[PDB]
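Entry below: contains danoprevir.
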Amino acid sequence: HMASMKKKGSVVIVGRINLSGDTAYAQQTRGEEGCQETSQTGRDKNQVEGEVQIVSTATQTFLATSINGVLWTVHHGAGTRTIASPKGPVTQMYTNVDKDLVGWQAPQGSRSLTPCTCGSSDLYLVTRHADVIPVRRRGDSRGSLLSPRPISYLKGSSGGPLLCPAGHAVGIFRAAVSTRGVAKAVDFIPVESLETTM
Ligand SMILES: CC(C)(C)OC(=O)N[C@H]1CCCCC/C=C\[C@@H]2C[C@@]2(C(=O)NS(=O)(=O)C2CC2)NC(=O)[C@@H]2C[C@@H](OC(=O)n3cc4cccc(F)c4c3)CN2C1=O
Ligand SMILES: [Zn+2]
């Protein structure tokens with residue numbers, strides 16, 4: 001009934017994939033109890049850094065990537081949820097279920113990737129465990145893993161980036177193409193779609 005209807009919580013930044021140095025590693029910035037509280041209030045005063053965030057809802061965890069001043073992720077993780085911020089919940093500025101894409105204004109302190117203009121097909125996928133996986137681009141929205149992996153290895157990495165050799169954003173990881181539980185290829189949202197959305 002009306003008076004007791006609940007609201008979904010906010011997406012919460014719980015960590016980041018550190019790519020700044022010579023070693024890529026995942027960093028946690030908030031534990032599970034703090035995550036749950038922050039999702040409910042939508043108020044997150046933690047400092048944000050970096051290009052790739054680890055994000056969570058009450059039920060899922062995935063990645064989000066800043067490109068051109070927007071923190072982008074997948075709709076199948078975020079839905080229409082707000083993101084927690086120092087001043088309270090922030091509404092999505094982009095939502096496109098057809099592309100599986102959402103975005104919010106990038107948090108203060110984040111750094112953004114630049115869309116790739118290289119026209120090159122040797123790519124790198126960054127996972128939530130900070131693995132950097134070589135991917136050969138095979139079409140507008142597909143690339144093949146040079147070394148196939150069980151889907152377990154990729155689960156929770158949607159929203160993360162595919163990058164070119166120079167570290168530009170080429171796309172956002174969306175789905176794994178798997179046969180018998182092995183991912184031989186990935187599907188991604190090309191950066192040009194994000195640029196058109198903007
Ligand atoms: C499309 C094709 C070729 C048929 O393949 C697949 O449908 N395959 C599956 C294999 C699933 C097994 C796990 C694979 C491991 C990791 C996957 C990356 C990942 C993930 O980590 N999510 S998450 O755990 O972070 C999660 C917490 C956020 N995404 C998924 O599971 C997505 C979600 C879902 O797809 C979609 O809702 N759409 C909506 C779309 C709209 C437009 C175009 C698209 F393609 C769309 C795909 C099925 N998904 C796959 O990948
Ligand atoms: Zn490039």
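Sequence positions, counted from 1, serve as the residue numbers for this chain. First listed ligand is number 1; within each ligand, the first listed atom is number 1.
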- What is the full set of ligands or chains that belong to danoprevir? ligand 1
Q) For danoprevir, which chain wins on contact count (greatest number of heavy-atom pairs under 4.5 Å), named per the PDB entry? A) NS3 protease
Practice item. Provide the number and element of each atom of danoprevir under 4.0 Å from a heavy atom of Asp98. Key: 41 (C), 42 (C)
* Output the list of atoms in danoprevir that are nearer than 4.0 Å to some heavy atom of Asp100, sorted by atom number. => 38 (N), 39 (C), 40 (C), 41 (C)
Exercise. Where on the polymer does the covalent link from danoprevir land: which residue and which atom?
Worked result: none
Source of chain A according to the entry:
Hepatitis C virus
Relative to the heavy atoms of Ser157, which atoms of danoprevir are at a distance of less than 4.0 Å?
21 (O), 25 (O)
Of the backbone atoms (N, CA, C, O) and the side-chain heavy atoms from C-beta on, which set of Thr61 has a member under 4.0 Å from an atom of danoprevir: side chain, backbone, both, or neither? backbone
Measuring from danoprevir, which other ligands or ions can be reached in less than 4.0 Å?
none
Quiz item: How is the binding site of danoprevir composed, by chain and residue number, at heavy atoms under 4.0 Å?
Solution: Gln60, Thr61, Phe62, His76, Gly77, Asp98, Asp100, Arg142, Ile151, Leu154, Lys155, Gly156, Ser157, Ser158, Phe173, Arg174, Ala175, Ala176, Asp187
